[PDB]
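Shown here: carfilzomib (bound form) bound to Proteasome subunit beta type-2.
Lettering follows sequence order; numbering is per chain, from 1. Worth knowing before you read on, the calculation uses all heavy atoms, side chains too, and leaves out hydrogens, waters and symmetry mates. What you see here is only part of the deposit, and the contact count is restricted to that part. Numbering of ligands and ligand atoms starts at 1, following listing order.
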Amino acid sequence: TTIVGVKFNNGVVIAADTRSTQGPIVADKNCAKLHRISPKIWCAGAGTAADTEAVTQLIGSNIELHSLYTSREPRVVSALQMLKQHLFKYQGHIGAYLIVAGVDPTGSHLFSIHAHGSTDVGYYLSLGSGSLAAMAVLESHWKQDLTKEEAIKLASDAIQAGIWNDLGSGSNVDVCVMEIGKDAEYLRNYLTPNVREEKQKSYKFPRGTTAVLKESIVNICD
Amino acid sequence: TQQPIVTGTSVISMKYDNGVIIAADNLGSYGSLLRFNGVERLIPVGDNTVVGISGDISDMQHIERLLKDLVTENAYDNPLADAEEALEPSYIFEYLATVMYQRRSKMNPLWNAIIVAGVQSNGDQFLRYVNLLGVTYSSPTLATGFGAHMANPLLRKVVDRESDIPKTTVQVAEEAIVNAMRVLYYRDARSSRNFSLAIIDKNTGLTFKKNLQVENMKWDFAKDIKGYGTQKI
Amino acid sequence: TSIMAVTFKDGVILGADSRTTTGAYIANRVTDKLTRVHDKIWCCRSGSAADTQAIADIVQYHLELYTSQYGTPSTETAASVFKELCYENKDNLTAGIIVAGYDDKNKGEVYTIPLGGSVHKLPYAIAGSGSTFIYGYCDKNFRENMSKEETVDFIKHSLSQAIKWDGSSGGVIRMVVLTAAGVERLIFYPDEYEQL
Amino acid sequence: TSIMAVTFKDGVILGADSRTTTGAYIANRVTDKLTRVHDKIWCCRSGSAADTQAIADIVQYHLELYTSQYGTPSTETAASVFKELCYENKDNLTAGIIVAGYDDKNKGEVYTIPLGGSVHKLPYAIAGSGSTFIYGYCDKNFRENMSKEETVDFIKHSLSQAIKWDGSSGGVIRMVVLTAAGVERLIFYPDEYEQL
Amino acid sequence: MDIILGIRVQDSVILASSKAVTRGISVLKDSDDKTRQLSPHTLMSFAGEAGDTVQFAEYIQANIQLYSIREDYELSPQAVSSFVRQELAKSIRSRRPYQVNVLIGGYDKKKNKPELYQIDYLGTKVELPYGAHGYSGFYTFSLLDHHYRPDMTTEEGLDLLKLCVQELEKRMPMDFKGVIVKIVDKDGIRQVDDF
Amino acid sequence: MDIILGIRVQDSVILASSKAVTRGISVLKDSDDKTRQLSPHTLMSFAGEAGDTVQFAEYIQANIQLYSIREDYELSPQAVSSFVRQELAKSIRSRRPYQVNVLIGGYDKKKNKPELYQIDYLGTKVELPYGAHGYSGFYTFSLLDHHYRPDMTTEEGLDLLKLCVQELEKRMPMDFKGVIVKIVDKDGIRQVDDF
Amino acid sequence: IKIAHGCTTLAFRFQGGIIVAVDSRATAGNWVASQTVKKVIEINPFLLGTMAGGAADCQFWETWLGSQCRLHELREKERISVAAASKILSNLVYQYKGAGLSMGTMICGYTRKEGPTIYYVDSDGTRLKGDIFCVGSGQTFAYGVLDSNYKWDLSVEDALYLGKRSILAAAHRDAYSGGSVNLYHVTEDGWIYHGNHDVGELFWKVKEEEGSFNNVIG
Amino acid sequence: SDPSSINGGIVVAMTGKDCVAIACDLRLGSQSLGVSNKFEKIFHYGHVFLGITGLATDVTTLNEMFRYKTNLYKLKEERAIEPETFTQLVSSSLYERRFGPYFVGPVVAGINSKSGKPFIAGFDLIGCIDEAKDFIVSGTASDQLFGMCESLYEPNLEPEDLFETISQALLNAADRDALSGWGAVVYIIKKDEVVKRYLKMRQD
Amino acid sequence: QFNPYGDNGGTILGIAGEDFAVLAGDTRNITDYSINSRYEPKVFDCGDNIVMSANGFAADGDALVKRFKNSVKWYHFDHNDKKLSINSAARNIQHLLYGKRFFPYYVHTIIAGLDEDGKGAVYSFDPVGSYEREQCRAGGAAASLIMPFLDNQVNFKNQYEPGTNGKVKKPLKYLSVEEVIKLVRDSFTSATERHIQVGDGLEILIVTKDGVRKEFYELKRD
Ligand SMILES: *[C@@](C)(CO)[C@](*)(O)[C@H](CC(C)C)NC(=O)[C@H](Cc1ccccc1)NC(=O)[C@H](CC(C)C)NC(=O)[C@H](CCc1ccccc1)NC(=O)CN1CCOCC1
Ligand SMILES: *[C@@](C)(CO)[C@](*)(O)[C@H](CC(C)C)NC(=O)[C@H](Cc1ccccc1)NC(=O)[C@H](CC(C)C)NC(=O)[C@H](CCc1ccccc1)NC(=O)CN1CCOCC1
Ligand SMILES: *[C@@](C)(CO)[C@](*)(O)[C@H](CC(C)C)NC(=O)[C@H](Cc1ccccc1)NC(=O)[C@H](CC(C)C)NC(=O)[C@H](CCc1ccccc1)NC(=O)CN1CCOCC1
Ligand SMILES: [Cl-]
Ligand SMILES: [Cl-]
Ligand SMILES: [Mg+2]
Ligand SMILES: [Mg+2]
Ligand SMILES: [Mg+2]
Ligand SMILES: [Mg+2]
């Protein structure tokens with residue numbers, strides 16, 4: 001994976017590629033790595049695919065119950081604290097590397113969590129196999145006082161660096177923008193720069209090509 | 001079977017319209033200790049080739065001596081040693097590439113990653129990589145160590161394929177290299193601020209720049225970063 | 001890491017670099033290793049980022065609960081809570097912590113807690129990978145009852161050398177001043193400290 | 001070991017402790033790690049006692065045979081012979097050697113040869129287990145073109161700290177002065193240097 | 001423990017199980033019956049780790065016999081095989097798993113059909129016309145593929161089985177001291193005394 | 001390779017050697033003669049690592065045959081056994097030693113006495129009334145201790161040998177496919193075809 | 001990478017000479033590298049060798065054997081014996097013992113002085129003369145069919161089928177055997193090739209005509 | 001001793017125009033030894049189909065487990081479970097055994113009875129969901145199946161055409177895998193009819 | 001400890017027609033998750049209408065090609081400029097590979113050209129020299145993906161004549177150079193989608209009696 005997070009004027013934006021690997025094989029060419037913890041707290045995930053999904057859903061569930069219990073919108077630090085303490089308890093065996101971001105009554109926030117439970121604060125962050133390709137772009141082009149449109153551009157450029165230069169990353173760019181005082185907009189497949197070219201030939205077989213031994217109607221009804 | 005002791009980090013390089021640029025910092029690390037600071041890891045051979053070497057420094061110095069001796073040997077009984085029968089980058093590379101693979105095949109490698117940058121006699125740019133395994137490859141941008149992971153992505157935004165080379169000037173190319181060196185200083189724990197840069201142009205020839213420093217760095221935003229999540233002070 | 005804490009006339013000052021590493025990659029170049037466990041009791045963190053954070057969070061919780069019942073805790077008390085965690089979980093922890101605080105009675109105090117979990121009260125303390133390179137310098141240059149400006153210069157010069165030689169240390173030099181006046185944060189950038 | 005060599009105005013001075021260890025036992029507390037390979041070319045020995053002696057003996061032989069044919073060798077030449085042995089036999093050697101000598105043309109020169117077998121010409125050099133603790137101190141306090149007395153104080157203070165912190169270093173501080181005047185041996189005992 | 005075979009024919013299931021018990025360089029016994037009657041019309045043979053085999057077999061036997069008494073009814077071979085599979089399927093993820101492989105030969109009285117089930121120590125169940133565990137299969141399966149017919153009689157099955165034992169006795173490295181053969185049919189379980 | 005035995009009686013030496021050749025889970029051959037005639041009145045059986053056994057046996061055979069031609073004279077069993085021991089004694093400290101154990105049965109024509117020598121792969125020679133290599137000894141030695149007499153006839157020796165093979169066939173784990181028996185006496189070497 | 005390890009091969013003596021039968025599959029783990037591998041090396045017009053274990057080791061050294069046999073008959077003005085030919089190979093691999101060669105082979109021939117002769121040769125130095133041999137991952141399956149049906153007085157037609165059927169038996173059960181069956185018949189005047197037989201088509205053909213494999217639905 | 005490749009086997013699922021197809025081989029072996037040519041790897045709970053590759057004992061166990069859970073689901077919900085919901089149930093159940101997992105590669109296939117939308121999904125052994133428009137592959141010849149499917153597949157295939165594509169994908173993939181084959185089954189699934197076809201393939 | 005081998009990834013493919021033969025291979029060179037070159041050719045014209053590729057560890061691949069090219073040169077010197085036939089070249093390569101049996105060239109070698117009857121020929125080698133002539137062979141990282149597709153489309157495996165009850169097979173026939181290139185291009189675009197080490201570019205070398213022609217095609221760069 002490649003995943004990033006970039007702070008801007010009135011909020012925060014996160015982005016991710018959409019490649020899912022199994023050894024050297026691309027298992028999913030368009031998987032979703034951006035996860036909704038709460039309506040305005042979103043999470044980019046790298047590492048063990050099941051773990052990033054499971055841990056983000058569990059904390060997201062507990063956050064929802066907490067929000068209902070306290071009659072308050074949930075805070076990013078709550079998700080951060082709950083995620084890190086869970087991961088730390090499992091001593092890195094839950095291989096989830098997360099970029100946590102969102103807006104809450106306190107303001108806009110951007111954090112990263114590693115599998116062993118350490119957290120980091122920053123204006124721009126990147127995680128995953130293609131984090132070095134992404135971070136190179138971020139270190140080259142990031143500045144203070146970014147606008148919304150500038151932060152999206154910088155974030156998607158950082159993902160692209162990973163897509164092209166890292167074999168662990170590829171396909172499309174997903175983005176989620178979390179601005180203060182507005183609804184969070186999830187931009188699924190924000191960029192699709194890896195469209196498959198038309199095949200040279202149709203491999204539609206003549207009907208009857210496959211040799212058949214038996215046929216039978218299967219009963220699905222009661 | 002070796003283990004590298006005193007080591008040099010990334011060597012980065014790229015092609016541009018009239019020639020090639022190569023750069024490497026002046027550090028000789030001893031593990032985590034940043035032991036030696038006056039180490040030159042770019043070594044010119046003649047006025048048309050520069051060999052950039054990373055990895056073990058004792059083995060680098062051995063390669064220096066081999067190249068120095070190669071120039072001497074080429075001059076013997078050679079009236080055209082400073083003309084038609086001068087050492088080409090391709091000759092120098094192939095020689096090293098032969099040595100690297102022979103040494104890996106004897107299970108006693110020269111623990112290095114080498115990039116040979118230069119300009120051929122016909123004006124063609126030469127840029128090719130070789131390492132301890134005898135593995136070779138060529139590309140519009142080449143980098144070793146961390147440079148491969150961080151520099152190449154940045155340099156490939158300038159020259160992504162062959163057709164981008166005539167479109168890239170020496171000003172633009174040098175800017176990208178110097179920028180890459182800054183990024184490596186931010187992010188490579190075995191890098192130094194001081195570095196050397198070399199340009200081999202088909203018109204202006206070899207320009208060797210020493211004692212360069214990374215500058216125009218962004219550190220101010222650090223003051224705003226407090227704690228690791230919940231801390232406010 | 002390179003970290004240190006130094007007592008002086010008016011109180012105590014904590015100092016640290018800002019480098020976090022994964023092998024030879026710098027995961028974070030602007031890390032804050034100086035962290036608050038109480039109003040005027042802070043600590044310097046070296047070793048595992050995860051372990052030291054987990055520990056510091058627990059200590060902050062303990063000292064907050066202490067304060068609710070028994071009022072402000074001593075710097076010694078804070079160091080004891082750190083020790084208890086580090087000692088009892090020594091098999092599963094990689095944390096080298098320096099505890100530093102300001103009482104009005106006891107003035108500036110510094111306690112260092114190495115890997116084993118042992119406690120050592122000192123006039124000043126140094127720790128982290130880069131501290132090895134400045135034992136000589138710090139021992140020769142440390143004086144008791146220094147002024148604020150002298151202590152800031154002592155830490156700045158010391159960590160500058162630690163950073164210069166240790167690849168595992170770098171970035172900015174953060175500092176936190178603990179006195180009767182209050183809590184002051186200081187930062188010093190490469191362009192200043194490198195050419196000292 | 002803790003060893004160093006420092007160039008100055010009149011020439012060069014080599015310095016060393018006198019501790020040889022087997023684990024934590026001190027096999028010899030009065031060792032002479034400063035050894036002559038030629039009249040005014042000496043070396044500091046760190047690492048294996050057996051390897052460094054074997055190497056030094058071979059170098060002395062080579063330089064004696066050089067002198068019989070081609071006259072007095074340069075300090076660079078001596079360092080090249082050390083390198084050749086250390087580099088070509090890197091797999092079977094544990095030797096960290098500092099070569100130091102005095103020419104009349106080239107004045108004082110210092111070459112350091114670490115484990116790999118690489119050569120590094122420097123104004124001054126430090127090496128051995130205890131050198132880690134004085135990188136900070138030595139960098140801050142070294143100046144070029146020092147006087148004899150200043151250079152002796154620099155080495156004495158430096159090795160004093162190295163000894164103080166390194167368990168693998170101790171005993172007396174031996175020194176050898178190389179100038180146009182000749183060769184002078186110096187010794188400094190614990191009672192003097194410890195309380196510096 | 002080594003050789004256990006099974007052949008389901010038209011009207012019966014035949015189980016052949018080696019008589020040898022070897023420990024180290026000594027054949028301690030040459031008349032060992034590697035089977036337990038789970039119910040009047042259900043027989044289970046077994047092979048694997050020493051101790052585990054008998055301990056498991058008797059544990060299953062007890063459980064099935066307990067069921068029989070409680071319900072005054074005989075469980076079908078399919079039902080017994082599923083119970084056995086589940087026990088092994090639990091076992092494999094235990095602290096110390098049962099390293100036992102079994103064949104379950106039974107005659108279903110409701111269906112009037114013989115049934116042969118092969119279950120390994122992992123809990124891998126398969127219904128087969130002929131089965132084997134261990135290295136035995138490597139010789140017999142190909143031999144049975146060739147000579148086996150689904151409409152064979154019990155006598156034809158015994159001749160087919162003799163052909164397998166002969167091949168094993170020729171090409172197997174170890175002396176397994178012959179086999180005890182048992183037949184499971186509509187009339188229950190009986191042993192062939194002369195083989 | 002596994003079972004090789006030897007019995008020296010009054011007027012002859014009898015060698016019994018298993019016929020099986022096993023590789024993996026397959027008995028590749030059941031009629032293998034694990035012996036070579038070194039000279040008209042000297043026979044060597046062998047057992048050990050595959051390939052090494054035959055390669056060593058034939059190498060010794062060649063050397064003894066070369067000696068016979070050169071001197072037009074047959075070496076004594078004692079002399080041959082010493083030559084064989086030395087070859088193995090060299091071998092054990094080589095880069096790749098011969099892992100071969102041998103029995104040397106011979107009839108000394110000058111002494112008019114049968115002689116049995118046991119030599120292992122290390123080069124450890126002993127003259128014995130009866131010998132064995134491998135696990136065979138663990139059963140036979142005690143049996144021979146009891147029943148063996150020094151003045152036995154060749155026919156009494158063969159009966160004693162049958163008693164050993166029967167015991168091995170009963171208690172040995174592996175099927176060694178019987179033995180080839182050979183007799184060495186004043187009239188030379190001959191094979192017992194029905195055993 | 002892993003290198004090719006194509007196996008089921010057999011060879012048996014009978015009245016009409018020798019039958020040699022092999023499968024065609026070569027594998028690298030679970031991956032089927034080739035279904036069309038030639039596992040019978042035609043050493044020369046009179047000698048055959050079988051391929052099991054290391055594909056390269058068997059190929060390289062059995063063509064090398066054909067060179068040594070040719071040099072023998074040039075110098076001795078006479079056909080090389082099967083005994084001699086097999087021993088040239090077994091002595092060679094014995095020199096390489098320990099180095100890691102992997103070979104299970106049948107050297108098959110028919111000469112005047114010997115008649116039909118088969119020698120099993122092994123990379124650990126074993127050299128065995130015999131009437132029936134079966135080598136490979138599916139050898140046990142092929143043995144079962146061979147042992148129950150073998151007689152010395154088989155016809156050339158029936159012997160050829162028995163060899164074909166024994167490979168089929170192994171190709172079915174053994175996962176690492178299959179592809180196709182290659183048949184050879186060795187006579188005194190040389191070997192005669194009896195075609196390539198795809199197992200996919202041969203299985204259904206045999207099932208119907210023979211009535212066997214009732215366990216499988218067709 | 002690699003649980004996922006002891007028994008061997010493969011499953012593949014595809015989508016078409018208003019239909020889905022799921023197919024599997026019939027082999028069950030013990031490494032090199034082929035043991036059964038009748039071992040079906042596709043099961044169904046109502047109109048939701050589940051294929052499972054990997055360690056056979058777990059394939060059996062999980063089938064029995066999802067039958068168990070879908071039966072209780074139906075009794076309480078008073079309706080058949082849908083593919084989307086079942087997919088989540090499979091994921092939950094697998095991740096429950098995170099640090100002691102079933103060694104399997106399950107594949108869900110079916111048509112949602114309310115919307116009529118074709119649905120397929122794959123999982124890793126610890127329950128990570130892999131949803132796909134086109135196709136899902138699983139088993140010891142997954143690499144082969146990926147290669148076959150990626151080249152042969154095209155969108156919006158009619159049930160009869162889709163049958164040919166999925167069958168050829170499975171067959172040719174299986175023939176390049178030693179531990180797969182020995183017969184094959186293909187399920188063609190339309191909105192309210194399901195056809196099951198046994199394929200003729202090489203038996204080696 | 002020093003490991004003398006490495007994996008440079010990539011994948012190659014050889015197909016033989018009636019009067020022609022193609023040897024294709026992607027132009028991507030990698031180590032771990034990094035791209036070294038997007039255009040590093042590994043299919044070479046070796047003279048005498050022989051094209052060759054040694055995919056796997058590039059250092060060993062380049063050494064082998066270099067040695068074979070040299071073998072072709074010395075074959076001309078020693079045998080009066082005789083043309084090296086594809087079968088003779090194959091046997092020669094076996095000896096090159098097996099020469100290093102106990103320290104192998106970690107490469108899957110494929111050569112292509114025309115046999116002495118003028119017909120298309122492809123030979124494939126394992127790392128230690130076992131070789132075989134075939135109509136069809138894929139080699140390298142994505143060989144497991146491409147090869148079964150080739151069985152189906154080149155050799156018409158598992159394809160029966162419609163309506164013949166799976167009794168009559170689809171008849172074998174030679175493919176045209178146009179049809180073969182279509183299969184090559186589709187094989188590589190498919191492999192690029194699902195294998196991370198395959199992409200960037202595709203270089204095909206076509207061998208007819210007229211000589212050796214080249215064709216290049218872009219591949220996805222992610
Ligand atoms: C980039 C793309 C990594 O290169 C990203 O970091 C993504 C994160 C996204 C998907 C959220 N990571 C992956 O795609 C991740 C890479 C990976 C692989 C293995 C360990 C850690 C990370 N891939 C996966 O997690 C896949 C998800 C599949 C394709 C749906 N899962 C696997 O590869 C699992 C590994 C599961 C696992 C178990 C125990 C510890 C750690 C991980 N492997 C298998 O399924 C392989 N095998 C199948 C046969 O049965 C045995 C298991
Ligand atoms: C200096 C750097 C050293 O003393 C300082 O002490 C700082 C302290 C600050 C950050 C509070 N220490 C580190 O930066 C610390 C160094 C370290 C590493 C391992 C054990 C102890 C100390 N770095 C970390 O803890 C990083 C921070 C992450 C990247 C945010 N974590 C890792 O490097 C993890 C730690 C896993 C671990 C191992 C052993 C004990 C505890 C935790 N390691 C990896 O992810 C492994 N990595 C995989 C990629 O290949 C390189 C190795
Ligand atoms: C300081 C101490 C470290 O840098 C100095 O460098 C000095 C250099 C001077 C003496 C020239 N170094 C030592 O004193 C050196 C330390 C050392 C040890 C091992 C390897 C490298 C360096 N000490 C020695 O060489 C002693 C001197 C003997 C006692 C006179 N030798 C040993 O300790 C031997 C060495 C064996 C050896 C191991 C590996 C490489 C080379 C040589 N070790 C033992 O006898 C083992 N001993 C057995 C009793 O239990 C404790 C271990
Ligand atoms: Cl931190
Ligand atoms: Cl000494
Ligand atoms: Mg030594
Ligand atoms: Mg001391
Ligand atoms: Mg098979
Ligand atoms: Mg990429």
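- One finds carfilzomib (bound form) in this structure at ligands 1, 2 and 3.
- Counting only non-hydrogen atoms, chains lying under 4.0 Å from carfilzomib (bound form, ligand 1): A, H.
- Applying a cut-off of 4.0 Å to heavy atoms, one finds the binding site of carfilzomib (bound form, ligand 1) to be A:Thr1, A:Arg19, A:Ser20, A:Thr21, A:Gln22, A:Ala27, A:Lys33, A:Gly45, A:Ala46, A:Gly47, A:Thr48, A:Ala49, A:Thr52, A:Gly168, H:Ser4, H:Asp124, H:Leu125, H:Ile126, H:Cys128.
- The organism reported in the entry as the source of chain A is Saccharomyces cerevisiae (strain ATCC 204508 / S288c).
- The deposited model shows a covalent link between carfilzomib (bound form, ligand 1) and A:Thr1 OG1.
- Closest UniProt active-site residue, chain A versus carfilzomib (bound form, ligand 1), heavy-atom distance to 1 Å: A:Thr1, 1 Å.
- In the PDB entry, the name given to chain I is Proteasome subunit beta type-6.
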